[PDB]
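So for chain A, numbering is the PDB entry's, and the shown residues are 128-279, 288-302, 307-388, in order. The header says X-ray crystallography, 3.0 Å. As the structure lists them, so they are numbered: ligands from 1, and atoms in each ligand from 1.
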Amino acid sequence: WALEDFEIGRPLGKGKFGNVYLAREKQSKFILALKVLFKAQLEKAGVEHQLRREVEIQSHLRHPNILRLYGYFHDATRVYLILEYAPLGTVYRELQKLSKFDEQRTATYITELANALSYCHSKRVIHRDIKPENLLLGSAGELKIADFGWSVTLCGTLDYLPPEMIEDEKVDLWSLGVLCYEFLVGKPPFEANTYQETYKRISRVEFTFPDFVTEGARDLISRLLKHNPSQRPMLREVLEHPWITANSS
Ligand SMILES: CO[C@@H](C(=O)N1Cc2[nH]nc(NC(=O)c3ccc(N4CCN(C)CC4)cc3)c2C1)c1ccccc1
């Protein structure tokens, strides 16, 4: 595999170590995303080896709710990732657009996430925290885990981190509790006015439900948002929760 086998289109966005463009596979007239990661920039964040690890993993991850990594290849000073193309953009955007999602869009989104996360839990693969900014939408309005945080400082991250990460397969579940809450309200559960404050809310697990938050919705975010990972439900539970099955699909 090489750069010549692709026709490059318009740039799609910038990353921590490079740009990402929409491209077409010459031999198949196939559309996709070409992500360019500059080796040097990588060598600087002590990720040059880690990245190699994730790419390895994500390359064996085939699931409708996970950004498909078709292939990858390197050269002189940069690295390439043949990525699936999500046409509807990010979930963060669609949310920065509709202010808040309705009970059904919410429930469905959590399901897709729960499913993909399961597919990985079943392959000795786990995920870190999850942000809306890292969720893309497919042609069918389907969510796609697109960050590359798989496993077998930092801005705008604290609000999505769980207790243990500021004080294993349980972080994801905290993420769902946080993603579910935001999805419904419009802002994360422990967002405050200052850094210190935020920290204290996440740490003491201090959050409140706005008037309109259905009660079934309140049972799940609460069972997920446990300071003790041990009590955070299994994905099987989330997937079978009364309110999920009720408004999801
Ligand atoms: C930095 O890496 C990229 C990356 O690897 N990727 C891989 C991959 N595949 N497809 C992508 N599509 C888009 O980024 C995109 C953005 C806006 C867009 N429009 C705006 C809103 N409209 C309503 C519809 C059309 C349509 C598609 C990406 C990004 C990344 C960016 C954001 C989240 C996750 C990953």
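Modeled at ligand 1 is a drug that PDB records call danusertib.
By contact count, the main macromolecule holding danusertib (ligand 1) here is known in UniProt as Aurora kinase A.
Per UniProt, the active-site residue of chain A closest to danusertib (ligand 1) (non-hydrogen atoms, rounded to 1 Å) is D256, 12 Å. Mapped onto UniProt domains, most residues of chain A near danusertib (ligand 1) sit in Protein kinase. Per UniProt's ATP-binding annotation of chain A, a non-hydrogen atom lies under 4.0 Å from danusertib (ligand 1) in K162, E211, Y212, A213, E260.
The set of residues with a heavy atom less than 4.0 Å from danusertib (ligand 1) is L139, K141, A160, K162, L194, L210, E211, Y212, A213, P214, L215, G216, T217, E260, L263, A273, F275.
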